[PDB]
Enquirer: 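Here you can see nelfinavir bound to protease retropepsin.
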Number of protein chains: 2
Amino acid sequence: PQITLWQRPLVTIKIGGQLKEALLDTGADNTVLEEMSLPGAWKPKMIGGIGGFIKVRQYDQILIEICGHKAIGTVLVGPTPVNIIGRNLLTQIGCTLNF
Amino acid sequence: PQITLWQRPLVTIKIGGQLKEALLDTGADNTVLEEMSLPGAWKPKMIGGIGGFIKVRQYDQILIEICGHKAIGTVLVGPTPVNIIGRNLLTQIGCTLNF
Ligand SMILES: Cc1c(O)cccc1C(=O)N[C@@H](CSc1ccccc1)[C@H](O)CN1C[C@H]2CCCC[C@H]2C[C@H]1C(=O)NC(C)(C)C
């Protein structure tokens with residue numbers, strides 16, 4: 001899939017048995033998900049936006065299906081208004097920018 | 001140019017006679033620039049990211065030279081830690097996501 005940028009680049013994801021919609025976000029170093037139930041141990045973490053900072057729960061080695069592509073990585077969960085797939089996961093699904 | 005996402009997708013911009021580095025940011029609807037001197041009138045604006053909101057100055061129909069591609073559009077100036085080229089300007093340089 002090629003994707004133009006006239007609308008937000010939103011994709012379907014499956015994480016922890018759940019279907020979510022998420023933003024492909026070349027500006028995000030990290031993947032950040034809205035409040036959800038993920039199984040397993042987590043670490044405290046703080047990440048910075050535009051913005052200020054939010055407190056998130058850090059989860060390592062999480063399987064996530066992004067637009068029908070499987071990828072494993074660190075997922076962060078916390079009070080983000082929008083699900084963000086950052087570059088740690090974008091590189092796993094072979095995502096490039098072209099201009 | 002094609003650009004992988006193993007590093008931050010940073011490009012050179014010329015805006016208001018000045019050279020800057022900026023992040024190609026598919027997760028940003030707007031272009032946001034660190035405090036700088038831009039000539040002419042502006043409007044007050046508030047923009048939300050992760051962490052909260054920042055007060056910005058809104059400038060319309062600004063000429064921006066992104067990686068040797070000329071584009072005109074709305075640029076926002078305010079206390080962002082990184083220069084962001086959002087989708088309003090990404091569509092002007094024929095920027096697509098490929099995976
Ligand atoms: C989530 C995240 C990380 O995990 C790591 C590094 C940065 C970020 C981060 O917040 N990145 C953002 C750009 S703002 C930015 C600030 C500093 C460095 C790089 C980018 C997102 O790419 C875009 N970001 C995605 C999304 C984040 C939650 C709030 C709604 C949007 C808002 C949008 C945004 O901020 N828009 C502006 C117009 C204000 C620029």
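Below, chains carry the letters A, B, ... as their sequence lines are ordered, and counting in each starts from 1. Counting starts at 1 for both ligands and their atoms, in listed order. Quick note: numbers below take in every heavy atom, side chains included, and nothing from hydrogens, waters or symmetry partners.
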Enquirer: Help me out: which other chains have heavy atoms closer than 4.0 Å to nelfinavir (ligand 1)?
Expert: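 The other chains with a heavy atom that near are A, B.
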Enquirer: Binding site of nelfinavir (ligand 1): which residues fall under 4.0 Å, heavy atoms only?
Expert: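 With non-hydrogen atoms counted, the site is A/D25, A/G27, A/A28, A/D29, A/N30, A/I47, A/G48, A/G49, A/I50, A/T80, A/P81, A/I84, B/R8, B/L23, B/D25, B/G27, B/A28, B/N30, B/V32, B/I47, B/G48, B/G49, B/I50, B/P81, B/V82, B/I84.
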Enquirer: For atom 15 (C) of nelfinavir (ligand 1), what's the nearest protein heavy-atom neighbour? Residue, atom name and distance, please.
Expert: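 The protein heavy atom lying closest is B/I84 CD1, 4.1 Å.
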Enquirer: Going by the atom numbers of nelfinavir (ligand 1), which of them fall below 4.0 Å from some non-hydrogen atom of A/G27?
Expert: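 Nelfinavir (ligand 1) atoms under the 4.0 Å threshold to A/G27: 7 (C), 11 (N), 19 (C), 20 (C), 22 (O).
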Enquirer: Pairs of nitrogen or oxygen atoms closer than 3.5 Å, one from B/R8 and one from nelfinavir (ligand 1): do any exist?
Expert: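 No: no nitrogen or oxygen of B/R8 is under 3.5 Å from one in nelfinavir (ligand 1).
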Enquirer: Nelfinavir (ligand 1) and B/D25, any nitrogen or oxygen pair closer than 3.5 angstrom?
Expert: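 By distance alone, the answer is yes.
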Enquirer: Write down the covalent anchor of nelfinavir (ligand 1): residue and atom, or none.
Expert: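 Covalent anchor: none.
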Enquirer: Which organism is chain B attributed to in the entry?
Expert: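 The deposit lists Human immunodeficiency virus 1.
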Enquirer: Could you tell me which atoms of nelfinavir (ligand 1), counted from 1 in the order shown, lie closer than 4.0 angstrom to a heavy atom of A/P81?
Expert: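 The atoms of nelfinavir (ligand 1) under 4.0 Å from a heavy atom of A/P81 are 28 (C), 29 (C), 30 (C).
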Enquirer: Could you tell me the residue and atom name of the protein heavy atom closest to atom 32 (C) of nelfinavir (ligand 1), and the distance to it rounded to 0.1 Å?
Expert: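 For this ligand atom, the closest protein heavy atom is B/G48 O, 3.7 Å.
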